[PDB]
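Structural view - Taxol in its complex with Tubulin beta-2B chain.
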Amino acid sequence: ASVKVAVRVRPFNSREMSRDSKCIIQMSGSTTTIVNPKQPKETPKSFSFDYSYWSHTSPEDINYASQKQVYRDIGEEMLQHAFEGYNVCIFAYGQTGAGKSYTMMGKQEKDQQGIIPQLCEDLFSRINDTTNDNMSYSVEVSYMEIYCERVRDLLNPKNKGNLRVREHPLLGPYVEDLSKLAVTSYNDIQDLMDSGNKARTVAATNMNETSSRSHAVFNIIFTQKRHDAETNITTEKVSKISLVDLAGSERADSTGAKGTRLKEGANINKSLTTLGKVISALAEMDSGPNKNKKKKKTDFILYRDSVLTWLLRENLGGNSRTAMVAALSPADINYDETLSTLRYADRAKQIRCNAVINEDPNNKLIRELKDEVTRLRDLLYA
Amino acid sequence: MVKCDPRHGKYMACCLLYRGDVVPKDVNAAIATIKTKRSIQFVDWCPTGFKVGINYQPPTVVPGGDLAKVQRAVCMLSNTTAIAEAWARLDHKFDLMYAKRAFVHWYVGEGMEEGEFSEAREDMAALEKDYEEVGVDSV
Amino acid sequence: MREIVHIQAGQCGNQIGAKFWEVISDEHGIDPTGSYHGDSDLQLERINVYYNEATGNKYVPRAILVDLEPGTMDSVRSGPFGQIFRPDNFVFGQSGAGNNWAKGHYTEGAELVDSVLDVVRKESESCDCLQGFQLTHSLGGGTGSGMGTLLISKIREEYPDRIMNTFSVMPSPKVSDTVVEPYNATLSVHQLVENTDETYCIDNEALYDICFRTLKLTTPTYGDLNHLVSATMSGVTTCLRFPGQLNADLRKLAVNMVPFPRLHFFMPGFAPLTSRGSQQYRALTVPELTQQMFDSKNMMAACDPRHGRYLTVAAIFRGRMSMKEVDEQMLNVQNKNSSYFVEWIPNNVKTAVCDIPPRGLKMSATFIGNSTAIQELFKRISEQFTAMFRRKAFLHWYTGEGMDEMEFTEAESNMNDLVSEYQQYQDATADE
Ligand SMILES: CC(=O)O[C@H]1C(=O)[C@@]2(C)[C@H]([C@H](OC(=O)c3ccccc3)[C@]3(O)C[C@H](OC(=O)[C@H](O)[C@@H](NC(=O)c4ccccc4)c4ccccc4)C(C)=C1C3(C)C)[C@]1(OC(C)=O)CO[C@@H]1C[C@@H]2O
Ligand SMILES: Nc1ncnc2c1ncn2[C@@H]1O[C@H](COP(=O)(O)OP(=O)(O)NP(=O)(O)O)[C@@H](O)[C@H]1O
Ligand SMILES: Nc1nc2c(ncn2[C@@H]2O[C@H](COP(=O)(O)OP(=O)(O)O)[C@@H](O)[C@H]2O)c(=O)[nH]1
């Protein structure tokens, strides 16, 4: 199958209220439509998406999309896939003001918690429920940021040095000396998340009082241990859950960037453009060989350009299944950025994932041979 | 002075600036002769077409130059619809490089946003279309 | 003003730099003692690009010399231009790398890198507005590869905005002088592909071919090769130093040459070349220079440009010439050999012209080409690398100094990815 997509419309923000503006995004079911304020009665545009969330209201239930609804639609399925044995990935996208952080982190005070808190809550709830004598679980966490082509750890305390990126020949890219921490209670992961959000690098700008200056990646490694001592073995299934918050495209002149802020914006834009190029290339690549003939034309995707694409090698393509969450600003002034977000979300829809579960081939071959001898025994016994 | 063929379009306005020993009788006769010819096409909604100015100071000659000393000189400023053609050529080149995002990271690394490219292109397309309608014959 | 800082590492880099300094000095008129003895007034106008003032109306070059063997430093000091350099910039140690990349990069170089960086900071602080760096070294060696790569990494960390260049001598296909060339070359390219902003690929085999076929010499030595390389190095950055009709800063060359960040490997060339005793036959002009410049025999990279396509190209002329002739010739070259130029770049020839030609050359031209055919070179190294890594031929010497097989594997993968990228555009079709 392909990538999942969940577009969401953001409500007005005071910058778009002091300057007069109008709603432009409409949507019904799977379809989302935009009209060009530039010249109306010219060419309304529409796009198809698996999931779409309206958030202009809140007390009323008229197509309102609570964070819990978004979680139940995406994160529940992804947690189930993780328990099945697939590595799974969520990544947010949009522009400064879209609302990617609102969806990921949400607000600690509010009951409306973001995707990652609710996923952790449900994961620990199922761990508590399904623990038994013959079934046990292990969970460990990690949290990293990409500031300007440098990986920085968050749970690790103040450490002026950076962390090197190395490629294991079999397991692919990874980061060396990431403070990988275990967890046994929801309080521990909650405190770790709070500390990580505290230590993140954040700066203010005209588009958002508290904007993000760095991409953020939250990773959970989850192990199932089946301990029927008579028959089964432990550490059967290992799964990886990744949750990615990307920085919003900076328009420079509209954001009032200057000095260091401008250089941060430039680096963010370079990373985002590289991400767009890979996404388009990978989409074209999977689309072509799938329908054209089957030749496996050797046009390879290039991920070694930025650390963001390099570290997300597996999630974009390989043994991972994933979803894109594109936030949207309804203000008429933000027309071109909204169109770019829509087009790249549509392109991301064309991408194919190939998540597959793997275990020790010796054990798999032993089980297959056991099934074969069982079949032959049933044949001759009959 | 620009590699475009004026015959493929229509002349919309013309200013002539004369320097030196020139008389209005001669320029009137010249304008009549140019109006007679068929290769020069004027849009229907500009029945006059021409503006004329005359100055007494003849042009000078720089030492070590290449132009000769002359008694009469003319400068024409013509507003035609042939220009578009040149613009069209340039647009083609832009597309051939923007399909692959070549050289874009240099621009992005200095504060530019990617989308700012596309907008400009669309803007250019708008101007060209308004230079193809301003010349359509009236009905 | 645009100041350049120059660094030299290893035997090859030091000798090339010595010959290069002996050249630039003549172009600007500096005696071996330091005093200025020239004729024209343009020579002092932009002398601060390379030289610093000193109280006795003296000029000292802005160079840094690096090694881990005093022999090369002694040879350079005991020479015609030994007294021109600042003594404090002679950074060196003992117990050299011994043709081992690990010793250069991890064990021995890690001690001297701090002193080298202190000297670099002191030199760069005094500059009014620093433009970029440039470093000369050899990839197939020990000291050169390791210490040059380490210095490049550190300087890129400290000065992320400025330009970095490199004039690196790569291993040749057949004329070999070290048994463990492939390991050092691969480990060095793995970092050069990431850190630096431009790279010019020199090969000894190409220089010998030029010397024997074009120059018609009988006993070429390393002095002549250093001459050719110095000529090219001086010609690349002429427009910072002399006036002209179309200037070309280093940054402008960087923007026009590389279309994507990872493809910054170039083949250089210089024209003309009359081999002497036959100067009276050849008529020197613009089309003759263009004819000699695009020919395959002239290239210094030891790779045929006819096996690929030119991603793009830049030409820097020096002389008094007409602009129409230059533009017409570049257009003619593009239209005639239409197969060998990529088709999705409508015009892929950058042009610059400067008014002051070399001392005794009414005209000259420098060539910087960026073509897919360079992939061949990398493939050779990669093949040889595999032939020695499948059985771990000489690996223990590296592992004793604090490395592991993972480093070799990732370096090989990165170079293979580079080869694949360059090959993606090489074939025809592609188009839209
Ligand atoms: C007598 C005469 O003019 O003959 C030429 C000559 O025959 C040719 C063959 C010269 C000659 O070059 C060589 O023979 C040569 C040998 C080994 C490596 C490289 C070159 C020449 O030696 C080289 C010499 O070049 C220069 O002097 C330049 O100004 C050049 N010189 C240096 O590189 C230099 C070296 C050490 C100290 C100072 C300068 C230069 C370029 C830029 C800035 C400053 C200087 C020139 C024109 C000639 C001879 C003498 C035969 C050529 O070289 C240059 C750089 O001009 C080889 O290709 C050119 C074409 C010339 O026609
Ligand atoms: N559904 C929503 N309901 C209420 N406020 C929202 C909603 N979506 C977004 N916002 C608000 O929109 C503002 C910006 O959201 P944010 O997530 O910071 O945007 P972004 O596009 O992710 N940019 P950045 O902060 O740099 O990551 C905040 O005030 C959010 O609370
Ligand atoms: N072009 C050129 N190449 C050289 C010169 N001297 C040595 N080399 C090359 O440098 C390589 C050896 O590198 P080396 O200088 O020993 O590296 P180092 O030991 O780290 O300084 C050999 O392949 C030689 O061909 C020179 O003067 N000119």
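One letter per chain, A onward, in the order of the sequence lines. Note that chain A carries the PDB entry numbering, so the residues on display, from first to last, are 4-385. The residues of chain B that appear here are 302-440 by the PDB entry count, in order. Numbers in chain C track the PDB entry; the residues on display, in order, are 1-432. When reading the values below, keep in mind they use all heavy atoms of this one structure, side chains included, and skip hydrogens, waters and symmetry mates. This depiction is restricted to one part of the PDB entry, and every contact reported falls within that part. Remember, it's 1-based here, ligands and their atoms both numbered in the order they're listed.
The structure holds Taxol at ligand 1. Other chains within a heavy-atom distance below 4.0 Å of Taxol (ligand 1) are, by letter, C. In this structure, the binding site of Taxol (ligand 1) at 4.0 Å (heavy atoms) is formed by C:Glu22, C:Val23, C:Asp26, C:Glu27, C:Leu215, C:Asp224, C:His227, C:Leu228, C:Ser234, C:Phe270, C:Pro272, C:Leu273, C:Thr274, C:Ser275, C:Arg276, C:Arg318, C:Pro358, C:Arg359, C:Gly360, C:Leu361.
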